[PDB]
Colleague: 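Consider the structure of Capsid protein VP1 with pleconaril bound.
Convention: sequence-line order gives letters A, B, ...; per-chain numbering from 1. Counting starts at 1 for both ligands and their atoms, following the listed order. Heavy-atom basis, side chains included; hydrogens, waters and symmetry copies ignored. This depiction is restricted to one part of the PDB entry, and every contact reported falls within that part.
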Amino acid sequence: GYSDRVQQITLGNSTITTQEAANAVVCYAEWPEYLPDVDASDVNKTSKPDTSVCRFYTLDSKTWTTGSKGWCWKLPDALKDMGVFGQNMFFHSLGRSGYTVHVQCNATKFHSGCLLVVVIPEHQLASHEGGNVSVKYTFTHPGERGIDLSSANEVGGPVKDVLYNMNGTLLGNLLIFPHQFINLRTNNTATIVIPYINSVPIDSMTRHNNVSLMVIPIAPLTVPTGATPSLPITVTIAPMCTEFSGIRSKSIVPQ
Amino acid sequence: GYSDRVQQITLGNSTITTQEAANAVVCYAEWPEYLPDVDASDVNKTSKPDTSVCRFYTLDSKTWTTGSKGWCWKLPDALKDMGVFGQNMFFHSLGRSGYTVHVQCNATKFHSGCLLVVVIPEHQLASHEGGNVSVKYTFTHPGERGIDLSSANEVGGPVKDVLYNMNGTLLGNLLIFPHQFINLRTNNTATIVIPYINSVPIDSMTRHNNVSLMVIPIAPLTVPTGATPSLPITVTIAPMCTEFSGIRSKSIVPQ
Amino acid sequence: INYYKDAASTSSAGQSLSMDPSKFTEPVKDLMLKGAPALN
Amino acid sequence: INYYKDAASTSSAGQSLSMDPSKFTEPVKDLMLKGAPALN
Amino acid sequence: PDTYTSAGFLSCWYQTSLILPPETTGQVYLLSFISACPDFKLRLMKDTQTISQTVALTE
Amino acid sequence: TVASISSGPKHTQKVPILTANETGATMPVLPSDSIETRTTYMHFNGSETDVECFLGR
Amino acid sequence: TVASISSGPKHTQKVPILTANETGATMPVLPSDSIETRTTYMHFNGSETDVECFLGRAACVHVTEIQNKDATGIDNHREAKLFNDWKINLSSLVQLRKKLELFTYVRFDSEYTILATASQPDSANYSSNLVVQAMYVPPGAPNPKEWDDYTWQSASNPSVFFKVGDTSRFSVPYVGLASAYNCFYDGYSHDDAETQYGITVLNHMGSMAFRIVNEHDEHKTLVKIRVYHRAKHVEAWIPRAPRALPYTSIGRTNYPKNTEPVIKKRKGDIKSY
Amino acid sequence: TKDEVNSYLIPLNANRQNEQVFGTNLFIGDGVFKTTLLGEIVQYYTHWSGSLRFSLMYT
Ligand SMILES: Cc1cc(CCCOc2c(C)cc(-c3noc(C(F)(F)F)n3)cc2C)on1
């Protein structure tokens with residue numbers, strides 16, 4: 001009696017269960033793996049903390065209301081302060097990792113709503129100022145909090161129009177990227193396994209965000225008559241096949 | 001032309017060289033090793049950061065003067081703030097490790113002096129107050145700075161009489177413990193490899209110090225006519241076969 | 001002959017007859033031969 | 001060696017060494033496999 | 001209970017939150033259970049602090 | 001006798017830690033069913049908890 | 001087994017008696033390395049210096065007292081010594097303590113011998129035949145409060161009943177929680193700024209209560225109890241510097257202030273014989 | 001204030017986020033565990049070791 005709906009994911013000393021899943025997506029059908037010799041350039045022996053960093057970290061919950069526009073997190077940024085994973089991030093010159101993203105949101109058979117959960121490799125954001133204005137470091141490194149698409153523009157920050165994916169492309173085409181939907185009537189969780197995707201073997205984990213995770217309401221939230229007009233959304237992420245290289249002083253980053 | 005005097009020790013991305021060594025001591029003739037299944041109790045899969053923690057960390061240099069009594073460091077305490085090793089120490093409930101201790105002190109063929117470098121397993125210190133007074137946590141956790149045997153007693157602290165090894169035993173018998181001498185006329189470095197020694201497979205690394213390292217002047221420092229009446233002593237320690245278990249919140253310790 | 005069921009109740013073990021002082025007398029990394037210069 | 005004629009006078013029995021908790025832990029009619037849905 | 005020998009802590013939190021359906025009100029409860037794994041070992045038999053008496057019982 | 005087997009990551013349709021206690025059964029769930037474990041041995045028989053020993057003094 | 005081999009004149013490049021003690025090693029130099037020797041045999045095995053033998057004899061580890069007297073009106077039986085207890089430890093009496101502390105870790109089975117002797121300091125028409133009850137009270141077991149508590153039922157705690165003037169004997173298996181007992185412990189029970197330091201937090205073996213089963217006689221009887229310990233099936237690790245200064249407390253390595261010099265001072269020169 | 005069926009009921013509250021449901025140290029020979037079958041039997045011995053099985057049933 002095994003179902004696409006019931007699943008368990010165990011990484012390190014952390015386990016996740018869901019009784020209302022919709023299968024799981026493995027980006028471009030590729031499971032994360034360590035860096036093979038044939039592709040390596042950096043000559044340093046790498047460090048593989050394994051279970052101390054390859055475990056689930058739960059971010060702060062977001063509140064989905066009738067007016068929510070969506071949220072955007074960036075990796076590895078979002079976990080920059082998570083236990084040993086975070087520490088290794090700043091103590092090493094280079095690093096590479098994959099992840100298992102698990103977005104949670106339950107309601108009742110009376111509610112309705114549909115969230116789009118998508119992973120976008122190299123999600124280079126646009127400046128709301130147009131022209132040739134840049135987007136300052138801090139604004140693409142929100143950390144665990146993430147970027148709230150319904151928040152107002154701010155000097156040095158990115159444009160936050162859900163309709164244009166924060167980058168001049170249409171929302172409807174976000175589906176070309178590995179994604180999954182959390183359709184309250186069907187779902188309650190979305191799971192995406194992300195393999196390391198980059199044009200280099202390994203890379204700086206502080207100055208470059210490999211992918212960004214977006215949770216975007218498409219069909220708006222609807223609650224039954226007289227019910228609390230909101231639902232919480234929780235994001236849990238676990239790094240996997242994490243490798244660190246070039247250990248040293250420990251970066252000091254903007255702000 | 002290989003000599004007992006010339007040596008190189010490479011751990012992680014750190015290397016040490018010495019052209020005036022006196023062989024090296026391996027405590028009780030046992031090289032450090034990881035914890036084997038047959039001896040394990042704790043069921044958690046352990047974390048082995050390897051090269052990110054098994055590397056040489058150099059403590060702050062001490063100044064050997066004509067009146068120095070000696071110094072005492074405790075492990076893993078002395079490295080509690082050293083890079084990733086330190087972090088892992090506080091983020092895990094349990095841990096186990098071995099070390100390579102390298103004490104340095106050079107002079108000239110005109111100087112004279114003899115330091116005793118010894119490793120003492122379970123070096124339970126005594127309270128200068130006698131009776132049944134205890135020695136408070138902070139005083140046996142000096143960290144990288146270590147305990148200066150020529151400093152004055154302090155409330156809650158340990159007795160610091162070099163003659164009585166801070167524990168009611170005579171200095172001359174410290175040689176029953178794995179040791180080495182740095183006799184300026186012969187030496188300039190001392191090297192001791194310490195295997196994990198304990199009555200339990202793995203243990204808390206914050207509430208228990210497995211061994212303490214002592215550098216004690218026996219034959220006092222002597223400098224040539226009109227020379228600076230002091231010499232620096234440097235201690236470099238590298239953990240090896242380090243294992244961490246039971247990852248969690250991260251301890252908050254006294255002071 | 002042992003009269004009791006538990007091991008703890010038996011009498012003394014009898015000489016270990018192992019005796020290897022070297023782990024305390026010669027805990028050095030590089031073997032040192034008696035007669036050969038200690039520091040080469 | 002037993003010094004007395006009756007069984008009651010002998011010493012303790014020694015570990016049963018059976019040990020089967022299932023008659024208390026899993027007294028269910030239909031076998032339940034660990035990992036398979038408890039209620040199918 | 002001995003400090004050096006402490007086992008740690010157990011806690012439970014809301015991952016998302018409890019959602020009740022329409023026409024439903026109040027409190028729902030959780031029942032908690034405890035048992036040992038086949039892992040379990042117990043030794044050095046002794047008297048318990050869970051029973052006592054001041055005088056011998058009579059019929 | 002092993003106390004715990006070696007067990008690594010997991011991502012299955014087989015959920016050993018989800019049960020239904022109303023059945024009246026206590027499923028024999030082990031640590032290796034919910035966390036990554038290493039191999040360890042019992043080094044223990046349970047002699048002292050045998051009813052013969054329990055009431056035998 | 002030869003004690004010394006035959007060795008004659010010598011004139012070599014091989015100098016066995018020149019070493020470098022800074023290496024930390026004690027080269028096994030023999031008499032035949034520096035003088036001309038003849039052949040001799042050991043005729044010796046070293047049985048008596050085996051750790052099994054060294055710690056293998058009974059040593060008094062505790063002396064306590066209890067007394068048989070009318071309990072009527074006594075509000076604190078424990079204080080009145082109607083019964084007494086011993087917080088089990090092997091570092092109260094120094095002779096055995098120094099021996100054990102020659103090592104860092106030690107593992108063994110224990111054989112206990114309890115001797116009880118009576119005494120009647122004041123007027124008594126006879127010496128009574130008292131029976132002592134020694135009960136082991138492990139951590140967590142209910143402690144006796146009155147000499148005739150329900151606790152002395154000892155349904156699960158082990159205990160012996162023997163006559164005063166007689167002796168009690170039994171052995172106990174290695175009961176340490178770890179693989180060996182710690183003679184020293186450079187640590188605490190937890191990361192706390194005020195908590196105790198040393199093996200004091202490790203050696204929590206409960207205690208054993210003693211009492212006299214008999215009701216009181218007209219006179220009062222003082223019973224002194226001595227506990228002896230003998231280790232068997234011994235294992236010892238990490239030898240250390242022997243204790244030099246006197247002890248001051250159970251468990252701690254503390255030594256008294258203004259203690260006297262332990263190393264003898266020469267009645268003369270460094271050249272004196 | 002007294003032993004009740006209610007001491008076995010762990011309350012859960014609707015629409016609470018992040019919050020804590022319950023907590024307890026793991027001295028199985030005392031506290032909440034003291035009266036359970038496990039705690040009861042465990043108290044007949046001085047030493048324990050092994051893994052514990054803690055379950056939660058939603059009602
Ligand atoms: C170090 C070190 C090692 C030890 C071993 C202490 C053993 O503790 C005991 C003692 C002293 C006596 C008994 C005992 N069993 O029965 C009796 C009775 F006869 F005294 F009741 N005493 C049981 C244990 C576990 O204590 N400190």
Colleague: Which other chains have a heavy atom under 4.0 Å from pleconaril (ligand 1)?
Modeller: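 The other chains in heavy-atom contact are G.
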Colleague: Okay, heavy atoms under 4.0 Å: who's in the binding site of pleconaril (ligand 1)?
Modeller: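 The heavy-atom cut-off picks out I88(G), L90(G), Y112(G), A134(G), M135(G), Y136(G), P158(G), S159(G), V160(G), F170(G), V172(G), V175(G), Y181(G), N203(G), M205(G), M208(G).
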Colleague: Per the deposit, which organism is listed for chain G?
Modeller: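 Going by the PDB entry, Human rhinovirus 14.
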Colleague: Short list, please: which atoms of pleconaril (ligand 1) are under 4.0 Å from a heavy atom of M205(G)?
Modeller: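 Answer, ordered by atom number: 26 (O).
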Colleague: Near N203(G), which atoms of pleconaril (ligand 1) are under 4.0 Å from a heavy atom of that residue?
Modeller: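 That gives atoms 1 (C) of pleconaril (ligand 1).
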Colleague: Looking at atom 2 (C) of pleconaril (ligand 1), what's its closest protein heavy atom, distance included?
Modeller: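 Residue, atom and distance for the closest contact: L90(G) CD2, 3.8 Å.
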Colleague: Can you tell me which residue and heavy atom of the protein come closest to atom 15 (N) of pleconaril (ligand 1), and the distance to 0.1 Å?
Modeller: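 Nearest neighbour among protein heavy atoms for atom 15 (N) of pleconaril (ligand 1), to 0.1 Å: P158(G) CG, 3.5 Å.
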Colleague: Please list the nearest protein heavy atom to atom 12 (C) of pleconaril (ligand 1) with its residue and the distance rounded to 0.1 Å.
Modeller: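 Going by distance alone, atom 12 (C) of pleconaril (ligand 1) is nearest to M208(G) CE, 3.6 Å.
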Colleague: Closest non-hydrogen protein atom to atom 17 (C) of pleconaril (ligand 1), residue and atom name please, with distance?
Modeller: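 Closest protein heavy atom to atom 17 (C) of pleconaril (ligand 1): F170(G) CE1, 3.7 Å.
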Colleague: What label does the PDB record give chain E?
Modeller: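 In the entry: coat protein VP3.
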Colleague: Within the 4.0 Å heavy-atom shell around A134(G), which atoms of pleconaril (ligand 1) are there?
Modeller: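 Matching atoms, with element in brackets: 18 (C), 19 (F), 20 (F), 21 (F).
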Colleague: Starting from atom 7 (C) of pleconaril (ligand 1), what is the nearest protein heavy atom, named by residue and atom, and what distance separates them?
Modeller: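 For atom 7 (C) of pleconaril (ligand 1), the nearest protein heavy atom comes out as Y112(G) OH, 3.3 Å.
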Colleague: Short list, please: which atoms of pleconaril (ligand 1) are under 4.0 Å from a heavy atom of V172(G)?
Modeller: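 Per the distance check, 13 (C), 23 (C), 24 (C), 25 (C).
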Colleague: Out of all atoms in pleconaril (ligand 1), which are within 4.0 Å of some heavy atom of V160(G)? Include the element for each.
Modeller: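 Reading through pleconaril (ligand 1) atom by atom, the close ones are 18 (C), 19 (F), 21 (F).
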Colleague: If you have a sec, work out which protein heavy atom is nearest atom 3 (C) of pleconaril (ligand 1) and how many Å separate them, to one decimal?
Modeller: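 Result for atom 3 (C) of pleconaril (ligand 1): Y181(G) CZ, 3.4 Å.
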